[PDB]
Amino acid sequence: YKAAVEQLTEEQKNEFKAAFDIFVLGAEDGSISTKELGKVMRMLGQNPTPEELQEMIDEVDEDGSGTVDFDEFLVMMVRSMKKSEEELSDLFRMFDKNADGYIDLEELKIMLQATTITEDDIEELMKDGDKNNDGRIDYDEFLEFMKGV
Ligand SMILES: CC(C)COC[C@H](CN(Cc1ccccc1)c1ccccc1)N1CCCC1
Ligand SMILES: CC(C)COC[C@H](CN(Cc1ccccc1)c1ccccc1)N1CCCC1
Ligand SMILES: CC(C)COC[C@H](CN(Cc1ccccc1)c1ccccc1)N1CCCC1
Ligand SMILES: [Ca+2]
Ligand SMILES: [Ca+2]
Ligand SMILES: [Ca+2]
């Protein structure tokens, strides 16, 4: 909910902002349309249909603008943290190409293709998610990372 968004620390909002920035790369009016959602999806190795992408945009577009702005992105995230389990597993697998149950530094570099976010940002992301210091994020770490401890 809108209010719950204000429970996020200032650092969480910034991190979500960094993620939002990747989606709006080269976007009109800096908001996420089906076009940008399709580009990230494709960069992650998927091949969504127009119906699937439109379904995702409508699910989080609260003002019927047809696009997702940062405020709506935040609410969307707050909502998933506080079905979500399944999307999380798929997302993990999108990064875990060899299916060994880990996301290593190289696999995270997928986010630099056709791209705002930098290698330093990636190595930092890795440190944030890698709790046991083995240079990788396993599924349990990933879930804790995505849900918030
Ligand atoms: C590498 C694969 C294991 C991940 O793809 C799984 C897809 C993702 N979904 C939704 C989704 C998108 C983003 C993040 C998590 C889930 C999907 C839907 C439309 C287009 C591409 C993927 N789900 C489709 C139904 C069950 C599998
Ligand atoms: C997967 C979770 C961490 C966040 O859940 C949001 C995703 C799609 N997101 C994020 C996303 C999209 C593609 C690839 C990775 C993550 C989303 C993003 C932008 C616009 C709309 C939805 N689904 C929410 C319900 C249906 C959509
Ligand atoms: C799931 C999406 C809404 C984006 O989530 C963004 C980041 C890291 N993502 C990076 C990412 C960028 C763009 C699209 C999808 C994901 C991430 C990626 C891989 C492994 C761990 C985190 N999470 C860190 C803690 C909560 C936010
Ligand atoms: Ca909107
Ligand atoms: Ca892997
Ligand atoms: Ca680890």
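Residues displayed in chain A correspond, in order, to the PDB entry positions 5-86, 92-124, 127-160. FYI, side chains are in, hydrogens and waters are out, and symmetry mates aren't considered; it's all heavy atoms of this structure. Start at 1 and go down the list; that is how both ligands and their atoms are numbered.
Among the choices bepridil, cortisone, savolitinib, carboprost, gepirone, the one modelled at ligand 1 is bepridil. Here the macromolecule bound to bepridil (ligand 1) with the most contacts is known in UniProt as Troponin C, slow skeletal and cardiac muscles. The protein heavy atom nearest to atom 22 (C) of bepridil (ligand 1) is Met45 CE, 3.6 Å. For the residues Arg102, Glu96, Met103, the heavy atom positioned nearest atom 13 (C) of bepridil (ligand 1) is part of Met103.
With respect to atom 1 (C) of bepridil (ligand 1), the closest heavy atom belonging to the protein is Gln50 NE2, 3.4 Å.
Atom 20 (C) of bepridil (ligand 1) has its closest protein heavy atom at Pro52 CB, 3.2 Å. Nearest non-hydrogen protein atom to atom 10 (C) of bepridil (ligand 1) is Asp99 OD2, 4.4 Å. Protein heavy atoms are found less than 4.0 angstrom from atom 26 (C) of bepridil (ligand 1). For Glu56, no nitrogen or oxygen atom sits less than 3.5 Å from a nitrogen or oxygen atom of bepridil (ligand 1), counting backbone and side chain alike.
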